[PDB]
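Naming: A, B, ... by sequence-line order, numbering from 1 per chain. Only heavy atoms go into these numbers, but all of them, side chains included; no hydrogens, no water, no symmetry mates. In each ligand, atom 1 is the first atom listed, and ligand 1 is the first ligand listed.
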Protein chains: 2
Amino acid sequence: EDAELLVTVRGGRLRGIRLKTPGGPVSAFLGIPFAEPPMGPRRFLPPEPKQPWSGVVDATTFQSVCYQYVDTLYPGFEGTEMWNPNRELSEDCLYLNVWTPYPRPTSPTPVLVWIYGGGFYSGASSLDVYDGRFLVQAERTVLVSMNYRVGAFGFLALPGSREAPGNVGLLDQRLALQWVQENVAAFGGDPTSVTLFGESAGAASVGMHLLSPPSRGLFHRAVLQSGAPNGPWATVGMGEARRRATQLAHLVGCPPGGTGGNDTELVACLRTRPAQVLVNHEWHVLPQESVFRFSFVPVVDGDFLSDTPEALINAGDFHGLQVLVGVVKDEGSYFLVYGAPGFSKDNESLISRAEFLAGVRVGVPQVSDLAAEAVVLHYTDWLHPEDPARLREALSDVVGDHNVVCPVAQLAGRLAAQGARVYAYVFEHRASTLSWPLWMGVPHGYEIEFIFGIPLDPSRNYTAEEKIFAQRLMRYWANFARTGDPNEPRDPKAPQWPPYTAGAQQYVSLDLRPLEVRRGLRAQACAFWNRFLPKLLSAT
Amino acid sequence: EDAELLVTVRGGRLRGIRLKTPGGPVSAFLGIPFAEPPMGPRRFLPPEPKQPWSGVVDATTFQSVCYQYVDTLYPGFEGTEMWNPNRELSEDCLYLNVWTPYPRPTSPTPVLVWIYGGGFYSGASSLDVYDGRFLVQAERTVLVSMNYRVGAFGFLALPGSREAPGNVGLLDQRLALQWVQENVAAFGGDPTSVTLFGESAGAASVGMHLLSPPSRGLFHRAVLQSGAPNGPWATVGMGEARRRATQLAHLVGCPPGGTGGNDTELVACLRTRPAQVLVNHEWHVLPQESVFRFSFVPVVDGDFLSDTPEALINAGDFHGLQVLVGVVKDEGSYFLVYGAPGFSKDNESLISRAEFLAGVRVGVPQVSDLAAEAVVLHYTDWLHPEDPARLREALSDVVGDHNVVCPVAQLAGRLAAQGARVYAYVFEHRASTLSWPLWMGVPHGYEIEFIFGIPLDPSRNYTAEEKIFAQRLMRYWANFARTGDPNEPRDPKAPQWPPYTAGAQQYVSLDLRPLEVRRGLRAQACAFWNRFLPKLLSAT
Ligand SMILES: COc1cc2c(cc1OC)C(=O)[C@H](CC1CCN(Cc3ccccc3)CC1)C2
Ligand SMILES: COc1cc2c(cc1OC)C(=O)[C@H](CC1CCN(Cc3ccccc3)CC1)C2
């Protein structure tokens with residue numbers, strides 16, 4: 001047995017496993033318990049630290065996926081099922097994973113901490129596209145990723161109550177960050193150089209950790225890929241969170257008619273229900289027909305988030321913080337097949353004008369008829385207001401700008417103007433092996449496999465250019481993790497990545513071509529979402 | 001003795017004058033009375049036909065300019081003085097002019113009828129840039145132009161009353177069209193081929209003759225240069241027209257202190273005032289601070305205009321009609337020096353952001369704060385929201401699109417989609433002799449001198465290519481007058497001018513270069529003005 005596959009942490013001993021990459025081995029410690037199993041009376045409660053254990057915990061394989069909805073839109077399709085759970089579901093899921101180089105670093109090494117996305121209702125650290133063996137081998141970094149409770153188990157909230165306070169899934173991530181502080185040195189990791197990175201709901205989580213003081217001390221840099229805490233989907237109000245939790249209780253027979261009412265009797269009834277029963281009614285508590293809206297998300301309650309993310313972003317001091325943010329080329333196209341009329345992954349989705357006007361209401365729920373008119377005005381090409389291909393790309397722009405691109409640009413500009421050093425990108429390469437239709441372009445989430453170096457997997461059919469491209473991206477992310485600057489610390493030959501500033505708004509395009517600098521993250525479109533539309537909603 | 005300078009019309013005999021051009025002489029009959037002098041009790045009343053006369057009326061020189069405000073913004077400046085009256089002011093001003101080729105045409109020849117602009121408060125057929133000798137010589141058509149009452153004398157209105165019904169200036173133009181029908185044959189002109197063309201308020205007048213049945217029978221084609229009857233400045237409501245007329249009465253002491261003020265006593269008191277006194281208070285009755293707004297304009301009374309121009313445009317059947325419409329490249333820049341803060345013709349007018357925001361309220365008066373926010377949203381470059389040059393061009397676009405380009409675009413599309421054959425242009429040549437500053441671009445009204453072939457004047461310093469350019473334009477205008485199609489009926493080699501359609505929205509650019517076809521008359525900007533902004537004001 002190799003001695004480096006045995007490690008002692010504060011709770012006991014672990015045995016890891018050695019993973020192969022074409023460039024060399026990596027030591028992995030998969031399935032480390034960092035919290036007590038949040039089961040029975042602990043359902044909906046904040047996590048408690050894992051009590052110390054005797055013997056050697058086996059850390060050679062991923063642990064269970066947290067209970068979550070399983071996507072059935074295209075059964076058997078690679079594009080959807082690559083995100084579905086690949087381990088059995090269980091409420092016993094609070095486990096984390098540590099990848100470390102071989103040989104183990106003798107000097108403290110910067111640490112990357114991955115937070116998976118999935119709309120706060122799904123996701124797992126065990127997904128194949130989150131395999132950290134290639135990023136750790138190529139860049140000699142320590143990589144950590146945790147599981148956190150999603151859906152009702154992580155974010156059902158009766159605000160104010162002690163039995164279901166909400167945001168416990170965010171607290172799971174924090175506890176994992178506290179664990180990295182106390183234990184990552186045992187793997188050769190530097191707890192003074194901890195960079196967070198996450199995609200979609202993981203990116204929003206990273207943002208919410210920036211805005212929560214108890215979390216802000218546990219890390220030093222942030223990477224937000226295609227997501228932001230200020231998004232219209234990433235938070236809900238106290239009243240709406242209470243209404244969703246009460247309706248979920250009703251759908252599963254809580255409280256038993258008609259005995260019950262207060263929050264204590266409601267959560268107690270919810271705690272007796274099998275986990276699969278709660279999952280089976282999760283989507284039915286959404287208030288309207290929509291896409292890119294999720295039932296149980298972080299709640300703005302005054303505790304984890306003392307104010308709304310937008311308020312904390314505006315009032316925040318971010319001096320001494322380095323941030324990397326970005327988006328993919330087609331943020332919205334993915335979501336249209338989940339409810340927008342006329343869309344299908346198996347045809348060209350050449351929608352009609354009427355289907356476009358209906359899709360706007362699904363893509364922008366809970367706006368006045370007048371607000372929808374402004375959206376139609378801004379996203380119609382009035383030289384070709386009936387062209388199906390342009391309408392398809394326009395509805396994609398509507399959903400992507402409203403949910404991802406403009407919340408990210410709002411955040412990136414506020415951070416740079418308030419002390420943070422910001423770098424911005426737009427990912428523009430469509431994977432050659434992508435199974436989604438060509439009209440979706442570079443869809444939401446399909447930069448992750450390049451960040452994690454998946455093209456290096458010899459059992460995959462990526463092109464030679466994509467392997468070089470993945471290595472360049474891993475260098476950018478690692479350089480940012482080590483130094484706070486994605487640019488090569490001294491290489492002047494490679495094109496340079498300028499910081500993002502509220503004035504110049506410079507960002508780079510990430511594709512097979514060398515870096516190219518551009519200005520403005522859809523500046524015209526995002527002025528509509530960030531500046532005008534709120535003023536329109538005020539005066540109804 | 002040239003006998004062709006002698007003509008008999010229905011009212012008597014006339015003696016014209018021969019005008020010289022570099023290409024040959026032209027016979028001109030300037031100052032033909034077509035109405036009784038609208039003086040004394042006739043002030044504010046519809047015109048009456050000129051009673052027949054004995055002897056030979058001298059028609060060798062232009063008659064008096066109708067009483068009007070004289071522009072004093074830049075005293076002594078060519079750019080402003082070229083529009084001021086160049087003959088004595090008088091209420092005895094209802095005279096028209098006829099140019100005809102030499103030798104007189106023996107066959108009935110198509111007739112161009114010019115209607116001058118000037119915001120319905122100014123203008124005169126005697127202005128040097130309306131000299132018809134070059135258009136008539138080069139293209140062998142008959143040209144007619146009339147004087148019509150402007151300001152209070154043409155458009156003061158107490159709706160309902162008989163003493164000041166309004167729109168009498170439009171009736172003056174109609175009477176001149178009736179005169180052309182009854183008399184233009186005596187000059188070699190074909191009353192079955194009459195093309196109206198006008199600029200600015202003249203273009204708005206031409207449009208209102210399309211929408212008035214009694215006038216619609218007196219002509220066969222329309223040309224609307226930089227103006228439309230549906231503009232926000234071209235008409236006024238009954239209630240507002242009554243308020244303006246009543247305030248004018250108050251400012252000139254009408255009615256006297258302690259006197260009833262029904263419409264009869266008010267107009268009677270107004271008729272006793274010297275004409276210059278009414279002029280001296282004309283601008284004081286505008287309801288708020290503005291540019292491109294005029295005190296006395298056509299009123300939507302139910303008589304001359306049975307409904308609003310917009311309503312009549314939408315419900316109208318225009319089969320059998322050919323229209324030529326167009327705009328200059330920089331419609332708005334001219335007006336900014338008449339009230340927009342920070343603007344001056346003698347500097348670069350590099351306005352600040354605050355001046356831009358103030359200018360929007362002056363350029364778009366009578367809109368809510370939310371409407372102004374939408375205007376700022378649509379016209380700000382949010383990548384350079386403080387750049388003075390871009391803000392200067394943006395406010396020019398605001399004023400020009402709101403007042404000219406979008407009313408013209410809406411009209412052109414409704415005409416083409418409802419039976420009319422339509423041709424559209426954008427005039428993009430800045431005269432080499434233009435005295436206005438370079439930042440104004442191609443300002444409002446500076447295509448007229450090219451349409452009338454003024455570059456051919458030997459006493460002017462136009463370039464050789466501007467002389468050739470002027471000849472192309474006169475050919476386009478005359479071909480449209482003859483056939484209804486500006487394209488050369490012979491030459492297939494010359495670039496073709498496609499009709500404007502509500503779908504393809506094709507137009508051509510007019511400059512020193514050959515014709516270039518483009519699509520959309522600022523389609524994105526005009527969707528804001530024509531589609532969204534009305535919905536925004538309805539919801540207040
Ligand atoms: C079952 O009902 C619904 C299911 C979904 C929606 C709405 C629904 O009801 C209307 C959505 O809007 C979802 C669309 C996302 C699902 C996950 N993928 C993949 C992905 C996962 C993690 C990171 C990045 C991409 C992207 C689109 C799912
Ligand atoms: C004295 O008060 C005012 C005077 C004017 C305005 C506002 C005023 O008060 C705010 C305007 O908006 C006017 C601007 C026009 C004046 C004449 N020219 C020239 C022209 C004449 C005829 C056809 C084409 C061009 C174009 C702009 C004048």
In this structure, which of donepezil, roflumilast, flurazepam, oliceridine is modelled at ligand 1? donepezil
Donepezil (ligand 1): macromolecule with most heavy-atom contacts, named per the PDB entry: Acetylcholinesterase
Within the structure, which other chains come under 4.0 Å from donepezil (ligand 1) at some heavy atom? A
Looking only at protein heavy atoms, which one is nearest to atom 2 (O) of donepezil (ligand 1), and what is the separation? A/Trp283 CD2, 3.6 Å
Polar atom proximity, A/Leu286 to donepezil (ligand 1) (N or O, under 3.5 Å): no
Can A/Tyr116 be said to touch donepezil (ligand 1), with heavy atoms closer than 4.0 Å? no
Just wondering - which UniProt-listed active-site residue of chain A is nearest to donepezil (ligand 1), and at what heavy-atom distance (1 Å precision)? A/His444, 4 Å
Out of A/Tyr121, A/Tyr69, A/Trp83, A/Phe292, whose heavy atom is nearest to atom 28 (C) of donepezil (ligand 1)? A/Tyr121
Please write down residue, atom name and distance for the protein heavy atom closest to atom 10 (C) of donepezil (ligand 1). A/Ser290 O, 3.1 Å
Where's the contact between A/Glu289 and donepezil (ligand 1), heavy-atom distance under 4.0 Å: side chain, backbone, both or neither? neither
Using a heavy-atom cut-off of 4.0 Å, which residues UniProt lists as binding galanthamine in chain A are that close to donepezil (ligand 1)? A/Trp83, A/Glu199, A/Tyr334
Shared residues: UniProt huprine W site in chain A vs. heavy atoms under 4.0 Å from donepezil (ligand 1): A/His444
Are A/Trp233 and donepezil (ligand 1) in contact, using a heavy-atom cut-off of under 4.0 Å? no
Give the residue, atom name and distance (to 0.1 Å) of the protein heavy atom nearest atom 23 (C) of donepezil (ligand 1). A/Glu199 OE1, 3.2 Å
Identify the binding-site residues of donepezil (ligand 1) using a heavy-atom cut-off of 4.0 Å. A/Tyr69, A/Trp83, A/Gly118, A/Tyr121, A/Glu199, A/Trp283, A/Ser290, A/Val291, A/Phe292, A/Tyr334, A/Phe335, A/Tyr338, A/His444, A/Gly445
